[PDB]
Amino acid sequence: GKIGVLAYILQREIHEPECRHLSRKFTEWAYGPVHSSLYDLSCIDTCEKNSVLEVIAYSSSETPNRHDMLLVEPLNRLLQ
Amino acid sequence: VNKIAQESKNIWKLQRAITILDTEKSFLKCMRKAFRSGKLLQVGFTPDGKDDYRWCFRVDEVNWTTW
Amino acid sequence: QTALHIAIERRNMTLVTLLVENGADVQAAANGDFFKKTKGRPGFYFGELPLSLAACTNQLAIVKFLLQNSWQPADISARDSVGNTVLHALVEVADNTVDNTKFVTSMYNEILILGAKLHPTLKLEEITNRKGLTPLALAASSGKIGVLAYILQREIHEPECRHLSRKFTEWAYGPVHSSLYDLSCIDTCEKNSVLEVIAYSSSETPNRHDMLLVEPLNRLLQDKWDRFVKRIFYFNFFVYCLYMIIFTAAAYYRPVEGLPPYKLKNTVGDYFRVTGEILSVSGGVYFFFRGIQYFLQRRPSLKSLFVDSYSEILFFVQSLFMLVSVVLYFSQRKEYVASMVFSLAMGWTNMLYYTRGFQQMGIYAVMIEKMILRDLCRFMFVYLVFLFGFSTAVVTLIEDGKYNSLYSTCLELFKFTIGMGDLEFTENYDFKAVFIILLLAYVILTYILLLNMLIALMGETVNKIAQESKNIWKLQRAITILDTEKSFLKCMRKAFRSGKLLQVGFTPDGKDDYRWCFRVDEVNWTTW
Amino acid sequence: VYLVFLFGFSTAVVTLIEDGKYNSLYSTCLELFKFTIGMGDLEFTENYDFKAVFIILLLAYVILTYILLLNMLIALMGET
Amino acid sequence: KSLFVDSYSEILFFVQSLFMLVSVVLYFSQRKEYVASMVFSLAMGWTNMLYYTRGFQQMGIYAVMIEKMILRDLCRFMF
Ligand SMILES: C=C(C)[C@]12C[C@@H](C)[C@@]34O[C@](Cc5ccccc5)(O[C@@H]1[C@@H]3C=C(COC(=O)Cc1ccc(O)c(OC)c1)C[C@]1(O)C(=O)C(C)=C[C@@H]41)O2
Ligand SMILES: C=C(C)[C@]12C[C@@H](C)[C@@]34O[C@](Cc5ccccc5)(O[C@@H]1[C@@H]3C=C(COC(=O)Cc1ccc(O)c(OC)c1)C[C@]1(O)C(=O)C(C)=C[C@@H]41)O2
């Protein structure tokens, strides 16, 4: 339920040489207030065992931000 | 109810997510289309000379703040 | 999209200068789907033109350069694919926040000043888009309360731009001062008066409740009310009360012989009865055609039909029940009674329509409308699920009794809700323990849990909609005013108030401007 | 507001009733008022034709007054 | 402990099915008490319809409140 760390990781963008591959969010274009990103979605949608969606959905209900963690941009858009 | 209205507001989304995962796990038809977003080349330049395909998902967003 | 759009949106003054110098087209329209409203897809609408692009982005220097450069001046009056000019675009980009309103109104004013200085004969604010909306009408329809509030009381203190003002200060003592508001296209105009645009809003408009608090509109509506409309409204209410009394009396003394229509007897009471029936049917026809007129004029979209125009639906349905009753009456079917009573019931409850427009009692009817549409419907779905589930269980358990049917057992379980549940209404079963356990579970789940949950949820909704109802009062008063003025039944011109006064008499040219100003004295005890 | 609802539905019901014991504004108004105090009979007469109309009117009156209006009164009184 | 504060709807659907199967067993065991089981399943079968109201922003709140109230507040009040 570490919503802050999760929101950081899922939206991480690193603007420097030799570390762009570490990013998970990539900005293609941005005109006004509107901009189009690409999110990695490795281990969010599907993976071997612990997809993020599967981990959140099957949380034990003691997890603090289980309700709010799905508001993080890539997950909310992916689920919709 | 005055204290749990806020929680229920998002429990909506949570239950929708649970429904989605169960539907994808059952699926009853050997369907692969449930895996969305397409296999795109993101950078093409790892630390070595290989190119990376990472199944990226496009999200356009509009924010009227932080000008 | 062209290089000029990129330079402007990148905020590159130098590149914009170079591109204009090199023959860039300042009228090039970026008319891709990305640059349109297109609510189902991402995008950014800005009016499609470099000038509107600069204006919407709060780049005043580029606006001035594009308007008055040496190489290619921009057409201040040019219109995009929607017909929108720069000012329409500026109205579009507003979002009613403090800084957004600040810069948008500043840019709007600066564009008006520049338009006057470059084209004194040009009236930007009269230009309409493809929907027929001026920037004022667009701001009114879209609920941009900040822009509307700016425009309606705009006062410009400089030579050769006083004619652009809409508010003029005649004299000022201390906290008190007397102004004149322009009232062009507020009170009346060709199509889109501001009052008509606000009143007939689609109920998704954000500030439709609050926009009528803006000083000139609030004062104008109160003046219209007191001078003209209050008496007509009370007369209409009185006539409706008489109509419902006549309808009630005529229905109450209906004859009880079979097979209508009933032969008229040569006696006084029957002449009064048939007279009342004729008046009742007449009122039904009147409301039927009034409802059709409403629907044709407004054309609600089958979702606005109930969340708005609710009272018009109820009046129309009343008239439909009346007319169906008439048809059955002359078709020699007693079932006309079945129709008539429904109309009669509706006819009385529609009296609550007239309580809206009173700041204390109208809130009650507004709450009834909102509750019935949303919260009662959701509650009744859940309740009916419980009721039907347990009724089916109990009637399955009962074997060959008096009840032994979905109707009887559903009614008997419903009686628990109204505090009349028998709890031993039958013994025609085996397993008394099962029967009583089912009944106790149903009682606890509905009577104790669900009803108190309903009380709590209704408390929350009432706490949340009292604030909105406080202004919905004034909104309904405005709607009443506009309908009364449109009907008017007497060819009266006095409804057009405020008198034809001279503001300046000195436009950019030698003509004089009479603009139907409205005097408003205001008192402010703050900002000393 | 309550008396508007009560009178409207009382007039409807007494119009529907034909030549009964009740068949009068006073008796039917009193009988419908009994629903407010948790004593509504709900089958207080059969002297009509169209039982469906009668029961639909009574159920609509009950839902509008007993369930909606009284709880709305509770909410408004809480606010006051 | 998670069995009721979470997975509540799964418990209710499972209990419905248990009542159904007990009814079948009693039915073929030549006991009329199968009726006693069946009606409970029938009642549960209808109220479990509320499971499908969750996942709708407006309707689902009602069922969520029912779940939480039954588990906590109604139990304390009823004691
Ligand atoms: C949703 C609308 C179309 C509605 C129209 C009719 C059939 C109505 O049943 C309802 C359905 C209903 C029935 C029973 C309980 C709740 C809801 O509610 C209203 C509608 C419900 C009402 C509620 O009372 C009011 O709305 C009065 C009123 C309030 C605010 C207004 O602005 C207003 O303007 C006309 C009228 C009373 C009835 O019209 C009535 O008297 C009878 C016989 C049935 C009621 O349908
Ligand atoms: C605690 C659980 C295991 C529970 C299971 C059964 C026995 C139940 O009795 C209860 C005990 C009870 C009985 C009577 C009043 C309150 C509580 O409540 C629920 C449970 C209580 C319910 C309440 O209705 C609901 O929970 C519907 C529902 C709401 C939210 C959901 O996510 C849901 O998913 C299935 C279902 C209805 C019954 O299942 C029902 O229809 C009968 C015959 C008894 C009710 O036990």
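To find a chain, count down the sequence lines: A is the first, B the second, and so on, and within it residues start at 1. Values reported hereafter were calculated over all heavy atoms of this structure, with side chains retained and with hydrogens, waters and symmetry mates removed. We show just part of the entry here, counting contacts only within that part. Order of appearance sets the numbers: ligands from 1, and atoms from 1 within every ligand.
Among the choices fulvestrant, remikiren, rifaximin, resiniferatoxin, the one modelled at ligand 1 is resiniferatoxin. Counting only non-hydrogen atoms, chains lying under 4.0 Å from resiniferatoxin (ligand 1): C, D. Lab note: per PDB, source of chain C = Rattus norvegicus. When distances are taken between heavy atoms, resiniferatoxin (ligand 1) lies under 4.0 Å from the transmembrane segments of chain C numbered by UniProt, N terminus first, as 3, 4, 5. Taking UniProt's list of resiniferatoxin-binding residues in chain C, a heavy atom lies under 4.0 Å from resiniferatoxin (ligand 1) for C/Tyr310, C/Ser311, C/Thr349, C/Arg356. Binding site of resiniferatoxin (ligand 1) at 4.0 Å (heavy atoms): C/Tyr310, C/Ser311, C/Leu314, C/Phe315, C/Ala345, C/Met346, C/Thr349, C/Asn350, C/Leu352, C/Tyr353, C/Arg356, C/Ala365, C/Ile372, C/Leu376, D/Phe5, D/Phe9, D/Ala60, D/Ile63, D/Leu64.
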